[PDB]
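Caption: PDB structure containing ponatinib.
For reference, positions follow the sequence shown, starting with 1. Side chains are part of it too, since the values below use all heavy atoms of this structure and drop only hydrogens, waters and symmetry mates. Per deposition record, X-ray crystallography, 2.5 Å. All ligand and atom numbering here is 1-based and tracks the order in the structure.
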Amino acid sequence: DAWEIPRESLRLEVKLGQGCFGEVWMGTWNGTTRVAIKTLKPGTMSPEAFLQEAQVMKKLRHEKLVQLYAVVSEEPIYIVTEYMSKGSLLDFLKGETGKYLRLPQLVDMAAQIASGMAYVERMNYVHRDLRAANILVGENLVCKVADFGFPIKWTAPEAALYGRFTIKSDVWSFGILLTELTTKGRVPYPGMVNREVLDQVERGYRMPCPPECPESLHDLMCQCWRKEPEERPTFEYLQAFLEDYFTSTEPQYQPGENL
Ligand SMILES: Cc1ccc(C(=O)Nc2ccc(CN3CCN(C)CC3)c(C(F)(F)F)c2)cc1C#Cc1cnc2cccnn12
């Protein structure tokens with residue numbers, strides 16, 4: 001058991017999520033420390049399929065990966081975790097302060113995610129659904145990699161077509177996630193339906209450079225979007241590249257209207 005707790009500890013205060021097969025609540029733990037809860041909506045998935053997520057989350061422990069705190073085996077099940085106060089990043093980028101973000105805050109932000117995924121990469125694990133809807137945000141623009149568990153527009157074409165879901169198909173996704181950041185949360189492949197994406201991309205189409213995104217950064221995304229998984233960069237290299245960007249790659253970056 002080890003991470004099992006009682007319902008006596010917890011209190012589910014305001015419903016923040018409304019998942020495929022569950023819900024998500026702000027709360028309080030042992031009446032003191034403020035946490036988040038995944039509640040299985042009963043019948044649907046059962047304590048087998050749902051509770052392999054707590055297995056996986058037990059082994060990972062990293063400063064950019066949402067931290068498991070506790071579990072509740074006896075039904076209804078509450079999977080418990082730290083609370084990211086600004087929520088999902090897609091929400092944050094679309095919300096109040098999205099308009100004030102410039103490219104040093106987005107690229108800093110990006111480097112934290114790459115950090116988390118490098119740790120994921122080190123453990124020989126695949127995420128499978130890397131994107132702005134699976135990144136939570138707390139104060140001071142701290143981002144962490146989360147999971148809320150199909151998206152053609154984020155999934156690599158070798159994983160979408162043939163199921164080769166490797167670390168390097170998360171590398172692909174990271175490049176797309178980068179375009180979300182640089183457009184402020186806009187959906188990939190504007191106007192193009194799932195079917196058009198595959199076909200065009202399959203035939204070499206990549207997203208053009210976002211307006212006011214320098215070309216150096218657009219060369220990074222295309223690096224993630226190479227046709228051969230093994231020629232994609234790595235999260236470590238991407239981490240460093242993003243960390244060093246304004247000294248080593250854009251020292252004449254000058255902020256403008258949007259970025
Ligand atoms: C309550 C809660 C419960 C569970 C999870 C969760 O499922 N996390 C998770 C699951 C799996 C994986 C890794 N696998 C990927 C798949 N892969 C195939 C295998 C490995 C990881 C990761 F950390 F590794 F990324 C995280 C997140 C939250 C949240 C929250 C929260 C906190 N503040 C707010 C504010 C607004 C909204 N939500 N929220």
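- The chain in largest contact with ponatinib bears the name, in UniProt, of Proto-oncogene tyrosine-protein kinase Src.
- Heavy-atom contacts of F148 reach the following atoms of ponatinib: 38 (N) (cutoff under 4.0 Å).
- Closest to atom 38 (N) of ponatinib by heavy atom, among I135, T39, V145, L136, is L136.
- With hydrogens left out, the protein atom closest to atom 20 (C) of ponatinib is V56 CG2, 4.0 Å, a heavy atom.
- Using UniProt's active-site annotation for chain A, the residue nearest to ponatinib and its heavy-atom distance to 1 Å are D129, 6 Å.
- Annotation: atom 24 (F) of ponatinib to nearest protein heavy atom, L65 CD1, 3.1 Å.
- Ponatinib lies out of reach of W25, whose nearest heavy atom is not under 4.0 Å from it.
- Between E53, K38, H62, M84, it is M84 that holds the heavy atom closest to atom 34 (C) of ponatinib.
- Structurally, no covalent attachment point of ponatinib is modeled.
- The closest protein non-hydrogen atom to atom 36 (C) of ponatinib is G87 CA, 3.7 Å.
- Within the listing of ponatinib, atoms 1 (C) sit less than 4.0 angstrom from a heavy atom of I37.
- Taking distance alone, with nitrogen or oxygen atoms compared against 3.5 Å, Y83 stays at or beyond that limit from ponatinib.
- Most of the residues of chain A within contact distance of ponatinib belong to the UniProt domain Protein kinase.
- The protein non-hydrogen atom at the shortest distance from atom 14 (N) of ponatinib is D147 OD2, 3.9 Å.
- Within ponatinib, counting atoms from 1 as listed, the ones closer than 4.0 Å to a heavy atom of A36 are 1 (C), 31 (C), 32 (C).
- For ponatinib, none of its N or O atoms has an N or O atom of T81 under 3.5 Å away.
- Counting atoms of ponatinib from 1 in the listed order, those under 4.0 Å from a heavy atom of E82 are 32 (C).
- Shown in contact with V126 at under 4.0 Å from a heavy atom are these atoms of ponatinib, numbered in order with element: 17 (N), 18 (C), 19 (C).
- Residues with a heavy atom within 4.0 Å of ponatinib: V24, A36, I37, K38, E53, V56, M57, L65, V66, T81, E82, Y83, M84, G87, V126, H127, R128, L136, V145, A146, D147, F148.
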